[PDB]
Amino acid sequence: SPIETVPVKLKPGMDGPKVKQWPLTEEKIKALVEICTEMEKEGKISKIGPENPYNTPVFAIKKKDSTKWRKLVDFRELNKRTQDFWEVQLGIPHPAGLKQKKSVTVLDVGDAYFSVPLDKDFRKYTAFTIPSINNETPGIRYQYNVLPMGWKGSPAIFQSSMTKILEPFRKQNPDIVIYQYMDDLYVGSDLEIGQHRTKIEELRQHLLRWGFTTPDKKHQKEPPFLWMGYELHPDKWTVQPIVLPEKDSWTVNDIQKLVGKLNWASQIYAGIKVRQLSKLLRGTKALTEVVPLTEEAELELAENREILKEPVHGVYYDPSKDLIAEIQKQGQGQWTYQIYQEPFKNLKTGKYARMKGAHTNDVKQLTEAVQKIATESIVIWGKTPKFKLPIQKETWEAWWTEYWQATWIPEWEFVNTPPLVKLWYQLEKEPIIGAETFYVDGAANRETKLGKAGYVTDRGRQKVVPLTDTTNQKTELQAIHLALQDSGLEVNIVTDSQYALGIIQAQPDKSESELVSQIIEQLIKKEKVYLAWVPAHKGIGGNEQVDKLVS
Amino acid sequence: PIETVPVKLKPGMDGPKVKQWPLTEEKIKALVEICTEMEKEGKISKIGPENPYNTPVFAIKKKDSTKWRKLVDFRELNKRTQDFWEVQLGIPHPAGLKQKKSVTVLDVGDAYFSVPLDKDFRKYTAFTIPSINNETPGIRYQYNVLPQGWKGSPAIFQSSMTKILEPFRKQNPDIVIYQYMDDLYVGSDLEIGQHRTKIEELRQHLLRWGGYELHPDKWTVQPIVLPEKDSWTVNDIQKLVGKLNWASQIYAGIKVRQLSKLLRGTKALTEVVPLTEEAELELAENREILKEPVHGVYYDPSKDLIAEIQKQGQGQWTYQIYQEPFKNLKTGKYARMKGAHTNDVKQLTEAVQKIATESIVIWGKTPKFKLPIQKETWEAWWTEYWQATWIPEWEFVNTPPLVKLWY
DNA sequence: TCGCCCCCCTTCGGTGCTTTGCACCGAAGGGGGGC
Ligand SMILES: C=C1[C@H](COP(=O)(O)OP(=O)(O)OP(=O)(O)O)[C@@H](O)C[C@@H]1n1cnc2c(=O)nc(N)[nH]c21
Ligand SMILES: OC[C@H]1O[C@@](CO)(O[C@H]2O[C@H](CO)[C@@H](O)[C@H](O)[C@H]2O)[C@@H](O)[C@@H]1O
Ligand SMILES: [Mg+2]
């Protein structure tokens, strides 16, 4: 309570909210009158009258306890008009980031937001009117004196207050670890249990002088500790049980729920896959649209169900040992990883399955995975792990010397866990002696929709194919497709398309485009391909002739 | 105890709102130790979340000085800050700096901390220290003095800097001093040992009121080169014609009609084609147009500088600096000498600092970089190799190399 | 019929190019989880 208030503003030129309250009932507004009478006696709210011109509607929901109710005010209108805040919650603590502690306690602050006072000048904007009796008569009105649940400033101002209150105790007790998440306090120490409990009593008293109760109901003294959705044992931690929907008929919304649960599960359950289930979400048009599971999605779901029936645990972090991150390839741009320090004792797991860009390859995606893990390791442990990667040193070497963009992977050692990551073909650096030379070209008419793709060769071969519903860039890809299709295992190709050369030179092994996928498949079957560029419309070599022909 | 200078953002612009990225343990520890002392000394104040602005913070170590230096990335704040050519507080650039034998960079940013900052502008300088595994919410500060890295600080401190330097420059009229942001660039034509001694006299002169050694003399231009052979494939001549066709966007009077005609028909790429006397004349013509600089290319101080970099392999990096396309003010070749040879991202980060450093010496400002790298790869690693107290503008490009133009 | 934070997967729409579609990327929709 005696905390100093945090001054807050409406956005410039804006007034407070002026809406109306809902469904207006004897039951509801007598429950309303009861709800607030105790808040007013506590001083959390104050009666107001009609010279306050503002209003906002109110409701309530049940708590995790599930006998208690949670008062909420639909402050959406007020929130849009309230000044912005810089949020101080930067992320979510993870149990794999905890070190083993001799003594552990978990506490929660009671009625946390309602213990922090609201800026006196701002209170008038939190007005809610509770009507009279089913809209017969004038109506009862209150304003908040404390942080309302539902106001966009409340979580930041509470966190900032909690930080200031804890600060003296933290500096005074730097060997006590306090994880502070909203009003939830994890307290770990290496003191004997008797001293530990004495330090806790001190902390509780300090919180109380500043008006933060710590009710016994939410004061955990023994393992397993329920914390942030996990269970903290002395040597290990588990996720609280994940139950997946078991529908016979699946809506889009059902699938979205399932994929979300699997992603949450993937932090500790190794090898989770969601590509085929997520595919079902594409191109659909309503959350209630029934979606039949494909065969692949059923298989993927059954595989994850097997994984989830086995129990798993993570361990805690030991700073005096190395972090190790191992990655495996699962197919179709899916990757899975584990982070550990001792073999077969995972701190956590995870997965990387994002499709970045229209055209890419496994080496790029492995590089992306490595970067995702590197970011998460810094968040959780403050450092980068050593990597174990299913890619040969020669393969990586081949990649970063040919590829024109700068790229890098930190300290890593090869691990032979097939399938390995590899380059699926490599363009020749010099023209191939004895190979046919194809001069390719494609053109489309911007208005028409219509185009041509064709080639001309030093061995006298030539060909033109007509194309409908195409583009300039597609006919060029198409022209390359044609040369690869009609040529031997070694071929020299010369195009004037910087676009097409750009895609192919990056050595993609997969693409959102069926045409580029076919070209990739053709490139993988060749023995040697040299691909060269010349500027168009310069009357050069074979280029002029093939140009000649697709006209 | 000085009157503050009133400062505004540019019309219709709000302060910066940039998220703090994750930091390693040792950078976080360094920042909290640095910021705790700054707070005690009143240079920064603890603030709450009712301040809606933020700018990312991190830390570096120069390899020679193994104490951490806090670096706030005020690039967004500087773009939104009023110009100071209007209040006549901008800094001219001396054209003599780039003609010096040796140029030493000194970090003088600490001088700014003795001048207070406009009460109404400090909210725009907020930054947030993160915490390992999100043990606690971020910790927020704002500046009460002119911050390091803010473009306004050299402008406001300038009259002060002039006074402090006037005696030294008076006594050393052939030494050149140019201030850029937190840095002083110190150039002289003196032998290496005596240059360094006057560097140290400089230092103690500063310390009293309140080193990284360049040789611009030996920056060179790397022009476009045409290969020289005695037997030429169809492929070579195609490669040669495409290079010259591109170079004709830059150079005047470059012809390809003689070399192009050598390729009439549909020929094997490996067929060797003898050069007609005329084609040999056309190539020797082109060769020495490319020999000498382009005529008509002048620096315009009212336009931005832009820099492009190409990775060439085996630790070599080519770059061009321009303001209008194909009107290069400078073309060059960066090469690293660390011998380790292992890290593309490190090399590129060092190439960027070197190029930006050269631009500061030559023109007085840094270019906006077009970086041949994925955004997310650069952002995973670049701060591990940064050693400058400034940060240039940049963007990320993926341009395949059509012709190997610059190598 | 609420708030703030992180994560993933999909969709949409703005940007800039010696383009006429294409690739890139940020924002916002859905979901998971925390308090
Ligand atoms: C984190 C929060 C504090 C501690 O969350 P909490 O679960 O411990 O609740 P509180 O301490 O108040 O009551 P308690 O005595 O049972 O501990 C609460 O004040 C309010 C906030 N919070 C939580 N959930 C919600 C929600 O859905 N909508 C809103 N607008 N705010 C919410
Ligand atoms: O790398 C771009 C990336 O960096 C951020 C800061 O997190 O922006 C900085 O870099 C940009 C490129 O020069 C500047 O325009 C910007 O002002 C500066 O803060 C991110 O905003 C951006 O995604
Ligand atoms: Mg509570």
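By convention in this document, chain letters (A, B, ...) are assigned in the order of the sequence lines, proteins followed by strands, and residues within each chain are numbered from 1. Order of listing sets the numbers, starting from 1, for every ligand and every atom in it. Excluded from the calculations below are hydrogen atoms, water molecules and symmetry mates; all remaining heavy atoms, backbone and side chain alike, are included.
Of the chains in this structure, the chief binding partner of ligand 1 is, as the PDB entry puts it, Pol protein. According to the PDB, the drug located at ligand 1 is entecavir triphosphate. Counting only non-hydrogen atoms, chains lying under 4.0 Å from entecavir triphosphate: A, C. Checked against a 3.5 angstrom limit, the closest N/O atoms of A/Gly150 and entecavir triphosphate fall inside it. Backbone and side-chain nitrogen or oxygen atoms of A/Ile61 are examined, and none is located within less than 3.5 angstrom of a nitrogen or oxygen of entecavir triphosphate. Among all protein heavy atoms, the one lying closest to atom 21 (C) of entecavir triphosphate is A/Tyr113 CZ, 3.2 Å. Residue, atom and distance of the protein heavy atom nearest to atom 13 (O) of entecavir triphosphate are A/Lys63 NZ, 3.2 Å.
Using a 4.0 Å cut-off to heavy atoms of A/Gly110, the atoms of entecavir triphosphate that qualify are 15 (O). Look at A/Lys218 and you'll find a heavy atom under 4.0 Å from some atom of entecavir triphosphate. Of the options A/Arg70, A/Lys71, A/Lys64, the smallest heavy-atom separation from atom 7 (O) of entecavir triphosphate is shown by A/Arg70.
Lab note - ligands/ions near entecavir triphosphate (< 4.0 Å): ligand 3 (magnesium ion). In the deposited entry, the molecule designated DNA chain C bears the name 38-MER DNA aptamer. Measured on heavy atoms with a 4.0 Å cut-off, the binding site of entecavir triphosphate is A/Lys63, A/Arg70, A/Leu72, A/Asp108, A/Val109, A/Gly110, A/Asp111, A/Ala112, A/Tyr113, A/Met149, A/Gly150, A/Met182, A/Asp183, A/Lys218, C/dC2, C/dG3, C/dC35.
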